[PDB]
Trainee: 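A single structure is presented below for examination.
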Amino acid sequence: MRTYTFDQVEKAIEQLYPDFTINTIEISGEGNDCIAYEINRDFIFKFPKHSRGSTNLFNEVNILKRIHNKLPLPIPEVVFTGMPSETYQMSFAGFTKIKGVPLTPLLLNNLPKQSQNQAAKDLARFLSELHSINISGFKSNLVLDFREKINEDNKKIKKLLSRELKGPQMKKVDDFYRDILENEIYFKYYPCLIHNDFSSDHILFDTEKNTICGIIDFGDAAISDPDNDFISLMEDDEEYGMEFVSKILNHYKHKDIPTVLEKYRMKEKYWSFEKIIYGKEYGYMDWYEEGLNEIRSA
Ligand SMILES: NC[C@H]1O[C@H](O[C@H]2[C@H](O)[C@@H](O[C@H]3O[C@H](CO)[C@@H](O)[C@H](N)[C@H]3O)[C@H](N)C[C@@H]2N)[C@H](N)C[C@@H]1O
Ligand SMILES: [Cl-]
């Protein structure tokens, strides 16, 4: 977990962009992978906090260059790039700022119905076009096969928790994985390009027009199940809930809604294990401790 000063930020940019004068700078945001700085109040510069987050950022830059004029909404436009080292695949990236605020569930629910419905329509169109992008050209590395992922997660959890769980608890963990892996519905899909972190904090909104004006944070994008981009919005607490996503599904012409509901339900059940595994890979020990404690009360 690297941190940066404004000076280190400026120096790093100046080396590669000497003719770009920096007038203003301040932290605009911070995620699990990068800190973001607002330079000149007209450009968002992401710096990785660790190597994994830099690989994320490298992925983001590379996907955005392939899809930059293929979508019905604005997306982050890469303007500045950093360099690789032995530690980071990309030392930083600078993007054009997209004005707007996140379309939070609270904001969405306070909109006139007609504007809510237009938001579901515009999200559907964006997903339908995104999931229809021809991926024949793309890197095969981007393919995230869900059956391989779940099998690998089972092995990681065994590896992580072998000495933390009593034998009968570990058997029950093994049962859970074995059960998930015998259900074909989770692993039979037609892979396409997916945003893969398609949640409300990555949907920007223009409160003057009451319309969606951007989709951001493509660092998790990959070629996997397109249903991923609906289930990320179905959570009642931090996301839009079932009523609204069912509007999105209807505009998208989804043919198998009860499968999306089944995938959401399993994902919800899977969260304790995602916290254990993501906790360790992204070095968040509280995520890891909380999931481990959920499992001991399974
Ligand atoms: N905070 C508690 C919630 O955390 C997760 O969702 C949240 C995800 O954690 C958020 O995603 C973030 O965390 C995930 C890992 O969970 C990373 O893969 C992703 N790059 C990062 O942006 C995502 N963008 C929003 C979503 N509601 C759980 N899926 C649901 C849980 O209620
Ligand atoms: Cl319509």
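To match the PDB entry, the residue numbers of chain A are left as they are there, and the shown ones run 1-298. Start at 1 and go down the list; that is how both ligands and their atoms are numbered. Just so it is clear, the values below take in all heavy atoms, side chains as well, and ignore hydrogens, waters and symmetry mates.
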Trainee: Not sure I'm reading this right - what drug is at ligand 1?
Mentor: tobramycin
Trainee: To what macromolecule is tobramycin (ligand 1) bound in this model, taking the chain with most contacts, per the PDB entry?
Mentor: APH(2'')-Id
Trainee: With heavy atoms only and a cut-off of under 4.0 Å, state how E274 meets tobramycin (ligand 1): side chain, backbone, both or neither.
Mentor: side chain
Trainee: Where on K267 is there a heavy atom closer than 4.0 Å to tobramycin (ligand 1), on the side chain, on the backbone, on both, or on neither?
Mentor: neither
Trainee: Measure from atom 14 (C) of tobramycin (ligand 1) to every heavy atom in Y282, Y278, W271 and give the option owning the shortest one.
Mentor: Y278
Trainee: Could you tell me which atoms of tobramycin (ligand 1), counted from 1 in the order shown, lie closer than 4.0 angstrom to a heavy atom of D201?
Mentor: 24 (N)
Trainee: Heavy-atom distances under 4.0 Å decide this one: backbone, side chain, both or neither, for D217 against tobramycin (ligand 1)?
Mentor: neither
Trainee: Can you pull the source organism for chain A from the entry for me?
Mentor: Enterococcus casseliflavus
Trainee: Can a non-hydrogen atom of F198 be found less than 4.0 Å from any atom of tobramycin (ligand 1)?
Mentor: no
Trainee: With a cut-off of 4.0 Å on heavy-atom distances, which residues and nucleotides contact tobramycin (ligand 1)?
Mentor: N32, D197, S199, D201, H202, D220, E235, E238, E239, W271, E274, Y278, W287
